[PDB]
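Data first, discussion second: the structure below is written as structure tokens.
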Amino acid sequence: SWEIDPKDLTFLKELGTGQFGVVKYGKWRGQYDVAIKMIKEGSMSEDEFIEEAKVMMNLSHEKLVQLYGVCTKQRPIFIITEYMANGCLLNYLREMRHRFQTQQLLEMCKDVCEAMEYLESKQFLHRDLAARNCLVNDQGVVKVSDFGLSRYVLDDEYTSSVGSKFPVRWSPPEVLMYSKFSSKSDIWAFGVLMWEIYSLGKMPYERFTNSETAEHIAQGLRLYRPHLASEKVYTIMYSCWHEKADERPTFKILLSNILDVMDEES
Ligand SMILES: Cc1c(NC(=O)c2cc3c(s2)CCCC3)cccc1-c1cn(C)c(=O)c(Nc2ccc([C@@H]3C(=O)N(C)CCN3C)cc2)n1
């Protein structure tokens, strides 16, 4: 059930490169748009991923990027997914021509929060939630991408907490200090993602290094209010950054808060 025949794929366009190498746009059976991860040799724990892919095929939500299947008979292996025409959310936010209204920004947060609440309901962590790992479709709907795949990355610079590619600026103190990953580390990251959205893709803690960020957030320093965020919106993102993990909200609570602010500020 999980296995796509790669001969059914027509490759049409380069979409760029990620942690596992090249990603392409194409058609499945000459008709249906797909994206194809071509998994670079040595980049992935492949056997483990493949066993997990069986489970990930059951995860389905309108705001999650849909896994269609995998090609695992030949190397490089392929991950086939839903295609998102407007690319990654970070680059989308950075294009100032969009001149987003604040209601549109809050809708982007809601899109992500819905996906994350779904994943929360299935006891499934993202582990690398950030604007760079969200995608945007042709209707401007934001969807969460590459949830769970951090587990199969073989690159020590990505995996190590002091590595060059580790998401230090999206991580809570307990992740950076003790590697305590939980629903609440995703909550922290989501707060940072809200900040990214309202900051139109600025780097979190843009004047600090990763090392300086780690020490500052351990001392209780936080990100502060983006110009485009109302006090009510800022309260929601800030609530994700409680020092004590158990005092952070759930995604269900965040979703209710976002919906309330939509009713109050629209
Ligand atoms: C998800 C993705 C990545 N990222 C990854 O593969 C990984 C991230 C992580 C991994 S692997 C493991 C650990 C966790 C983090 C890289 C390149 C393209 C796409 C990608 C995928 N899909 C499913 C798309 O629909 C898509 N769309 C897209 C991309 C670019 C453009 C377009 C373009 O063609 N170029 C060349 C530049 C930007 N632009 C907007 C348009 C659509 N991109």
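One-based numbering along the sequence shown. Start at 1 and go down the list; that is how both ligands and their atoms are numbered.
By its PDB name, the drug at ligand 1 is GDC-0834. The macromolecule with the greatest number of heavy-atom pairs within 4.5 Å of GDC-0834 is, in UniProt, named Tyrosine-protein kinase BTK. The dominant UniProt domain at the interface of chain A with GDC-0834 is Protein kinase. If you number the atoms of GDC-0834 from 1 as listed, the ones under 4.0 Å from a heavy atom of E82 come out as 23 (C). At a distance under 4.0 Å, a protein heavy atom can be found next to atom 29 (C) of GDC-0834. Taking a cut-off of under 4.0 Å to the non-hydrogen atoms of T17, the atoms of GDC-0834 that pass are 16 (C). For GDC-0834, the atoms lying closer than 4.0 Å to a non-hydrogen atom of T81 are 23 (C). When each atom of GDC-0834 is checked for a heavy atom of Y158 under 4.0 Å away, the hits are 13 (C), 14 (C). Per-residue contacts place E14 under 4.0 angstrom from the following atoms of GDC-0834 (heavy atoms of the residue considered): 34 (O), 36 (C). For atom 39 (N) of GDC-0834, the nearest protein heavy atom is 4.0 Å or more away.
For atom 32 (C) of GDC-0834, no protein non-hydrogen atom is found at a distance below 4.0 Å. Between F20 and GDC-0834, not a single N/O pair is under 3.5 Å apart.
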